[PDB]
Amino acid sequence: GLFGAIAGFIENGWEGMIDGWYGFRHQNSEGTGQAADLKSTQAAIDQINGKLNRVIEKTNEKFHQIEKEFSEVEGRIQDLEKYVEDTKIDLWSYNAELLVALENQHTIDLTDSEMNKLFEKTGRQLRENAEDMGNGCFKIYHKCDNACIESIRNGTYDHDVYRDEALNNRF
Amino acid sequence: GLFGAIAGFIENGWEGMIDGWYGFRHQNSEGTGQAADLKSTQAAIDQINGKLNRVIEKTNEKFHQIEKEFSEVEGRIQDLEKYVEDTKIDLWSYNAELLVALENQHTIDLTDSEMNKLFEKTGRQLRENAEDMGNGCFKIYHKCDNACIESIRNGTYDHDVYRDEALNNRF
Amino acid sequence: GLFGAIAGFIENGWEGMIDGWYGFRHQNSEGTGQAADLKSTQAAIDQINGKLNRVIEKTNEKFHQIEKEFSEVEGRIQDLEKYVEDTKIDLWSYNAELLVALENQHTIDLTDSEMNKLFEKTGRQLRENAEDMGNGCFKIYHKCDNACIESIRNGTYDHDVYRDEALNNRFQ
Amino acid sequence: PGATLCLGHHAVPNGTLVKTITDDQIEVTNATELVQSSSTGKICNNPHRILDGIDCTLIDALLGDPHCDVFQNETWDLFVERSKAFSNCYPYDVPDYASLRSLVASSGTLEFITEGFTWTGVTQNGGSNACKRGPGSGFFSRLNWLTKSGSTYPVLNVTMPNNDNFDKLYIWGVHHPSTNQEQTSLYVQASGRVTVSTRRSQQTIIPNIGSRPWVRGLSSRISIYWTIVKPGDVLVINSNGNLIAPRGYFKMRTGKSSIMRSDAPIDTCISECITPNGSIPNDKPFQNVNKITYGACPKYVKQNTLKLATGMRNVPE
Amino acid sequence: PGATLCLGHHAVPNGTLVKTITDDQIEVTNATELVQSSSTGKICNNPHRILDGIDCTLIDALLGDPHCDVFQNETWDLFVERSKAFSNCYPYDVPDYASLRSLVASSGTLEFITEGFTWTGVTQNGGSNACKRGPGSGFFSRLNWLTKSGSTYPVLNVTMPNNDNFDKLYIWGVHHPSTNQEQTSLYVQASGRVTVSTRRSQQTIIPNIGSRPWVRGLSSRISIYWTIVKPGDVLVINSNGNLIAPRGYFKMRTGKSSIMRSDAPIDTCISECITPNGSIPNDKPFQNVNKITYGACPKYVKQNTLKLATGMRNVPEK
Amino acid sequence: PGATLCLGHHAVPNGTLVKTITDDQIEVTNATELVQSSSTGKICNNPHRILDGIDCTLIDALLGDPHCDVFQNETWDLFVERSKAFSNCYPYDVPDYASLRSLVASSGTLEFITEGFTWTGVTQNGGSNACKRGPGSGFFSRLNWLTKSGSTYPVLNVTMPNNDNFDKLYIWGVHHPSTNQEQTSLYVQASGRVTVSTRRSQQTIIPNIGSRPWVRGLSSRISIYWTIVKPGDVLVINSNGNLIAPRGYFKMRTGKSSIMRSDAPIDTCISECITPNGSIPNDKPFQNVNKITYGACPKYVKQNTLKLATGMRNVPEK
Ligand SMILES: *[C@@H]1O[C@H](CO)[C@@H](O[C@@H]2O[C@H](CO)[C@@H](O[C@@H]3O[C@H](CO[C@H]4O[C@H](CO)[C@@H](O)[C@H](O)[C@@H]4O)[C@@H](O)[C@H](O)[C@@H]3O)[C@H](O)[C@H]2NC(C)=O)[C@H](O)[C@H]1NC(C)=O
Ligand SMILES: *[C@@H]1O[C@H](CO)[C@@H](O[C@@H]2O[C@H](CO)[C@@H](O[C@@H]3O[C@H](CO)[C@@H](O)[C@H](O)[C@@H]3O)[C@H](O)[C@H]2NC(C)=O)[C@H](O)[C@H]1NC(C)=O
Ligand SMILES: CCOC(=O)c1c(CSc2ccccc2)n(C)c2cc(Br)c(O)c(CN(C)C)c12
Ligand SMILES: CCOC(=O)c1c(CSc2ccccc2)n(C)c2cc(Br)c(O)c(CN(C)C)c12
Ligand SMILES: CCOC(=O)c1c(CSc2ccccc2)n(C)c2cc(Br)c(O)c(CN(C)C)c12
Ligand SMILES: *[C@@H]1O[C@H](CO)[C@@H](O[C@@H]2O[C@H](CO)[C@@H](O)[C@H](O)[C@H]2NC(C)=O)[C@H](O)[C@H]1NC(C)=O
Ligand SMILES: *[C@@H]1O[C@H](CO)[C@@H](O[C@@H]2O[C@H](CO)[C@@H](O)[C@H](O)[C@H]2NC(C)=O)[C@H](O)[C@H]1NC(C)=O
Ligand SMILES: *[C@@H]1O[C@H](CO)[C@@H](O[C@@H]2O[C@H](CO)[C@@H](O)[C@H](O)[C@H]2NC(C)=O)[C@H](O)[C@H]1NC(C)=O
Ligand SMILES: *[C@@H]1O[C@H](CO)[C@@H](O[C@@H]2O[C@H](CO)[C@@H](O)[C@H](O)[C@H]2NC(C)=O)[C@H](O)[C@H]1NC(C)=O
Ligand SMILES: *[C@@H]1O[C@H](CO)[C@@H](O[C@@H]2O[C@H](CO)[C@@H](O)[C@H](O)[C@H]2NC(C)=O)[C@H](O)[C@H]1NC(C)=O
Ligand SMILES: *[C@@H]1O[C@H](CO)[C@@H](O[C@@H]2O[C@H](CO)[C@@H](O)[C@H](O)[C@H]2NC(C)=O)[C@H](O)[C@H]1NC(C)=O
Ligand SMILES: *[C@@H]1O[C@H](CO)[C@@H](O)[C@H](O)[C@H]1NC(C)=O
Ligand SMILES: *[C@@H]1O[C@H](CO)[C@@H](O)[C@H](O)[C@H]1NC(C)=O
Ligand SMILES: *[C@@H]1O[C@H](CO)[C@@H](O)[C@H](O)[C@H]1NC(C)=O
Ligand SMILES: *[C@@H]1O[C@H](CO)[C@@H](O)[C@H](O)[C@H]1NC(C)=O
Ligand SMILES: *[C@@H]1O[C@H](CO)[C@@H](O)[C@H](O)[C@H]1NC(C)=O
Ligand SMILES: *[C@@H]1O[C@H](CO)[C@@H](O)[C@H](O)[C@H]1NC(C)=O
Ligand SMILES: *[C@@H]1O[C@H](CO)[C@@H](O)[C@H](O)[C@H]1NC(C)=O
């Protein structure tokens, strides 16, 4: 993808992440844990539902069509009826192929981008208290129990509380 | 947007920025201020004008047309004249809907990208003299009078001049 | 470009890089050097070959089509034959113009993206042992001979080996 | 002394292959099909008014072939013609059959109004054993085979004005006997003539004597013509032999009605989109069942599948 | 003992809703309209040569219906047909009327060249009170109603070669009497025939006798046919009755001329694009006024509006 | 004591200009062309079966104009008609010529099967010095000019059923003599009649006597008609004068055959795509050579060039 996260610095996805599209896994003094991130999940889901709703909007109704199968040879007028219909089908087949190609490229890029956005957001929340290990994981340089992790996941982590302990362990 | 700045880590736009599209607000010892960034603004305006000029480029001129209204029922070849014109109108209506959808998606993504580019550029000028606060703002860890702020805005800030003072306040 | 690397924080390209699309230039104690990065080069090339092969996928094949040049004035039926053909040619010309415009915009964006991706992967390999100088170059704060540089380029540089020396040079 | 916080995304064991701008095949977690490629095999009778022609073509129901007179005054959204349909009346041809079939189908109704034509000097209601109506010989219910009265066939010259506010459709015909004796024996004249005119249009037909292949016992033929009379215009029929006269007009309507050829059974269900293969759902934007459709329908494409990704790239390892 | 430097972008209290691939409606700071949906209601008389066929259709001006005589030798880029037009000459029909109307409209000129046809043995210049020219009887100005002379109507057999370097358009006709009495009184033969041919093509018409509805006093009719003769070819007319003869040819051109039905008045202004609703500007790429157009015009679409974003996403609040 | 590591990308002194959504001209390192705009000027004789008609049109080979009889029973994927083709037999016309030429071209074969028609009471095998076959007079090889035998021309009434499982194409004609003397001297009746019928179709032609432009010695004409007989149907021919009879049927096929007008010489080479200008390669997706094509061909567009970028933006200087 354009953003280098999915199938990039994130090595692989998580078949065990069942309750979200993106999320957090941690290991600390009390053990290991996992949680879906609902905002980034819902941002991807809303965008894909948007694209999916636009695709099935105005694709419909016609009543009088010309004849399209013929039981007798006739020459000129039948030749033009057939050429108009083959021309039309070729143009719509091309439209359908290109539409799905562009939509699919865009879906892969926007979901890659939401993964990257969540990573950057988390890194900004940790402010000198953590380092990017280069694989989508942060090494957190202070004691960080389940409540501390949960404060990171729910956006209320106060980096100043731990800055001194963390700077001391980093340097 | 794909880049996560506009309507992303930047909470909202500034109705008070009236002389540019992007820019800087600061707080220092001498007070608070606002200034537009000209280069980012002009980059976005030039791309949008470019796309607008391509859309209104070579359209138009005739070549002979068939009849499109009919005052008497005629059967087979009038049915074909109407089917040809309905098919053409439907294909052009589709082209126009998709052209505007793709173009608009791209204008939103490129303007978001210019915001993010200006943010990354400013962060790169500060070199350990600042920390990213997560909302589009830099905490600058040294005394930065108006001339120093303006040196950031015009790309002439020398980080070594302030590195020792800043490193001391950060750590 | 959307990603701000090519024609961005990387000021210009290297006419001297002749064996790759992306790569590294270094200065260390043993001198200066240049080396192409193969993974990023091949990633961009594979993507462009991919779109080129999709575009050149099997082309139309019709045998009997209508007549399209005429030797006599005839009126209504011939007017409709000509209008059908002018309409088709306009619609395909529009498709071809839009096809290459979109493809070209995207080719420029993915090559710009591969550049930015390579820069970020390198920065993540260096872990407090280097600082981003803002022009696509990293200042490395320890002695890094040719084998060390090579270990960065082939993805096996161990930042812990140099962390103490580098932190000591960065902050004191 | 620390902890590790890892960011990630989900994956599934087996995803779906989709196409992109750069890739013929790339695996995503989920996709949805955009091409409708299946049918139940049945035409749903709601919400469109389906008229099953069974043994009858629309033209035979229009003219009034006796085994088709069940369709008198019927209306339809979609008339369905079966391949088993057959004619069982006087052998006939329609020059520009396809156009007549098309304008009647588009009008959507066989509403017939009988008008009081006066055929002075001719025998009316001619019939044939090729066209039995019950046990006895007969004819199209909407046509009037006029023959000589006694031993003369005068010049017929009748008129019929349209004082209504809609268009009138007159269906009429010309008889082509196969021998000169038949011609004189029916229309005591060696060469017939039928001229049907309004104020702005006219048609004159001269019959042709000669043998054609035998159909239902007969080597003669009837030729079917039509004339539309708009409000304020006049119909004038002028003939000195061979006229197969109209008994009235059909009421012309405009709307969303059409006709389709199909052998698919009709069922009691709901479906907005009909194809000759049966009804199809119209939730997908494209379809591959048939280029012939009726109703609010997905657009026909040559592809039999087109997968739209609805999830991210699937990277299980 | 520090500073804060914040990055940002502008916003406005209310922007414009536009559509994207993902969103039916999303707000941006500014947008531009791509569909032309309004007209002045008037047809501008420059830069195209507009020709108003006030009471005259193009076919009646072609044949020479007397109240259309003002249009002789006229030219146009766009001929405009009014709904108030009427015929006031001999009742007629044109088989494949639309084709003749289209090829004459596309030719762009009614330039007529009178030729010296010799009709030996017949009376020329027949007329009718259905086609009055002044208070007296008359006929189409470009057609020649030939009838019996004395007591004979010979077999006409005339030829007319095209030695020029352009195509010639011949308009001719066949008379359909309402009675056998009429037929023999005008043409002594009891059943006529008109045969018009070039070296590689031919048309033969057989008249039709019978009563039709009265139009301007008449039950008889004329049917109009045309013939194009290319350089080097020749025209041959062969008839033994009922011929409505040509007086010459119309000169054929190729170009950008056409015809439109419209009741919009002509005005003094400049506009490259004409619709039956009036002139429209052609700066936008699409239009919603009429699928019928003439000139360099935006493409017709079903949408009445299409907004292209010309600014960023509008986020005045979180 | 440290080191600098710089990331970068390549560039070239001058690349290729390409178009984008934003930009009319932007420079990339490399691009490939998508519009085929040139031809070798020659039609390649492989892989499609090309049939050069040289001096013969398809219709003249169909009827059997003697100098076109070298084409009897020929088949083609593409019939190529030359502008130098000429007719050299009895002067004729084909109402709906284009349709006959089209259905024959699409059928791809001139396979002709002679059938045993019995023409009781007439002379067969009429000829003309307008249509020499060798030193002597002759006629189209596939048509049979029937005339009076002795002093009568009976009412012909023959039938020919189609018991095969393919469609039969019958080509027939009607003779239009130029004088009443001719009409009676060939056919006893003063006015001929030709009726050709199947179970569900019929057509009757009435000849028309009179002069047409003088062509290869004659002022009379033949008019060509055709009739398809489906399996189970039957052909019935009924005529009392002026019939130009069929000798058999052409066998109807369905397939990929067609016809093209071109003066391009044929060459021995390989190419799937043929235009009237010659063959063109079909590796590029679009072409600008001719809207007329045959085979697997790039789509025709109005642009003579369209460059697809195949490398990154070219930034050799700031
Ligand atoms: C012009 O030529 C035409 C062709 O030669 C003549 O028409 C044929 O004339 C005979 C004599 O009247 C007809 O015979 C009748 O045909 C029916 C149908 O027979 C078919 O069906 C039965 C039952 O299924 C089957 O057993 C037969 O094999 C046939 O397949 C018979 O049933 C009647 O009794 C009677 O014999 C021909 O049918 C008729 N055919 C055609 C195609 O025209 C015509 O009479 C000639 N006209 C003149 C004026 O000479
Ligand atoms: C065959 O029937 C038609 C129609 O029924 C006859 O046409 C009619 O002919 C009469 C007498 O010529 C026309 O009467 C005229 O009416 C006007 C008023 O509009 C009046 O001012 C005149 O003095 C004259 O009496 C009548 O309009 C006309 N009707 C139609 C519909 O055309 C025709 O005469 C009959 N043919 C024969 C040979 O009898
Ligand atoms: C320039 C010609 O483009 C195309 O015609 C198509 C092309 C090439 S253009 C393209 C490039 C990327 C993605 C989609 C289309 N592909 C791949 C098609 C795939 C299918 Br399935 C298809 O029906 C068509 C339509 N043909 C039959 C008219 C195309
Ligand atoms: C899959 C094909 O669907 C479409 O054609 C359209 C579609 C669906 S495809 C699409 C998807 C995203 C963005 C734009 C178009 N929309 C939304 C239309 C909106 C308008 Br207004 C419109 O005129 C059409 C054209 N119809 C009338 C032929 C479409
Ligand atoms: C709304 C109409 O858009 C267009 O038609 C075209 C447009 C404008 S829309 C567009 C925008 C970006 C990229 C490509 C097309 N351009 C630039 C064309 C360039 C060429 Br070359 C061309 O043949 C056409 C097709 N014309 C002949 C029908 C267009
Ligand atoms: C974010 O998570 C933290 C940690 O779980 C929440 O803070 C604690 O919440 C629990 C349960 O409500 C209390 O028992 C603790 O006393 C809280 N600790 C502190 C320091 O407040 C916090 O409420 C969460 N915030 C949001 C917005 O969900
Ligand atoms: C794969 O994607 C499809 C489409 O987004 C999902 O199908 C939808 O399912 C919901 C609830 O199950 C329905 O309300 C929608 O109407 C469905 N849409 C369509 C187009 O069918 C499907 O659930 C997804 N599958 C997985 C495993 O996530
Ligand atoms: C067939 O339908 C037509 C039109 O619906 C019938 O004619 C109408 O009959 C109704 C009721 O008898 C009258 O109120 C209308 O005035 C008639 N219309 C006209 C134009 O006269 C006709 O009677 C129907 N025939 C049958 C057998 O049902
Ligand atoms: C729908 O019906 C059509 C017509 O019966 C089918 O198309 C035919 O399919 C057969 C079998 O593959 C082919 O031999 C014919 O050439 C096809 N004819 C045409 C005109 O396409 C079609 O396959 C049916 N589809 C479904 C889903 O029932
Ligand atoms: C331009 O003129 C056309 C034709 O008069 C208008 O289209 C008609 O609009 C009325 C009322 O909306 C409908 O009843 C007709 O059915 C329409 N006709 C057609 C052929 O669509 C059109 O509205 C006019 N447009 C403008 C902008 O004035
Ligand atoms: C292929 O042949 C066609 C037809 O001979 C050429 O088109 C003609 O080109 C000349 C000069 O460019 C024009 O004056 C004619 O009006 C064109 N005719 C038509 C019907 O368009 C075409 O240029 C040739 N192409 C090549 C590559 O040789
Ligand atoms: C940048 O701003 C400083 C003021 O802080 C000024 O002295 C300097 O000249 C400016 N440089 C440019 C290139 O504008
Ligand atoms: C990477 O480079 C180092 C130093 O040159 C070398 O020792 C090592 O084997 C290389 N590893 C790979 C995988 O190429
Ligand atoms: C909106 O965009 C158009 C086109 O670029 C421009 O002319 C107009 O001034 C803009 N409006 C505002 C309020 O900026
Ligand atoms: C029409 O033009 C021709 C030639 O240009 C001329 O001879 C003729 O007199 C003109 N007729 C009128 C009525 O001006
Ligand atoms: C390449 O050459 C063109 C002239 O065709 C010139 O306009 C362009 O600026 C050149 N590019 C560079 C990078 O010098
Ligand atoms: C330019 O691109 C084409 C198509 O990929 C390739 O064959 C060619 O080698 C490229 N040219 C250069 C100089 O790389
Ligand atoms: C022409 O072909 C048909 C069948 O293809 C054959 O029956 C006939 O005899 C052939 N004629 C000649 C002269 O080869």
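Order of the sequence lines sets the chain letters (A, B, ...), proteins ahead of strands, with each chain counted from 1. What's counted below: heavy atoms across the whole structure, side chains too, no hydrogens, waters or symmetry copies. Method reported for this entry: X-ray crystallography, 2.5 Å. Just follow the structure's listing: the first ligand is 1, and inside any ligand the first atom is 1.
- Found at ligand 3 is the drug umifenovir.
- Counting heavy-atom pairs under 4.5 Å, the chain with the largest count for umifenovir (ligand 3) is, by its name in UniProt, Hemagglutinin HA2 chain.
- Other chains in heavy-atom contact with umifenovir (ligand 3) below 4.0 Å, by letter: A, C, D, F.
- Among protein heavy atoms, atom 9 (S) of umifenovir (ligand 3) sits closest to A:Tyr94 CE1, 3.8 Å.
- Closest heavy-atom approach to atom 10 (C) of umifenovir (ligand 3) among the candidates C:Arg54, D:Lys19, C:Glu61: C:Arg54.
- Among protein heavy atoms, atom 15 (C) of umifenovir (ligand 3) sits closest to A:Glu97 CG, 4.0 Å.
- Residue D:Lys302 touches umifenovir (ligand 3) through its side chain alone, judged by heavy-atom distances below 4.0 Å.
- Checking atom 7 (C) of umifenovir (ligand 3) against the protein gives no heavy-atom contact under 4.0 Å.
- With a heavy-atom cut-off of 4.0 Å, C:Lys51 does not touch umifenovir (ligand 3) at all.
- Within the structure, umifenovir (ligand 3) lacks C:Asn60 among the residues with a heavy atom less than 4.0 angstrom away.
- In D:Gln303, the part holding a heavy atom less than 4.0 Å from any atom of umifenovir (ligand 3) is the side chain.
- The PDB entry calls chain D Hemagglutinin HA1.
- The residues of other chains having a heavy atom under 4.0 Å from umifenovir (ligand 3) are listed as A:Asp90, A:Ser93, A:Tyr94, A:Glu97, A:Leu98, A:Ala101, C:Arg54, C:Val55, C:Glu57, D:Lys302, D:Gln303, F:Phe286, F:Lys299.
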One pair per line, please: each N/O atom of umifenovir (ligand 3) matched with every protein N/O atom under 3.5 Å away, atom names first, then the distance to 0.1 Å.
unit_1	atom_1	unit_2	atom_2	d
umifenovir (ligand 3)	5 (O)	F:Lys299	NZ	3.1

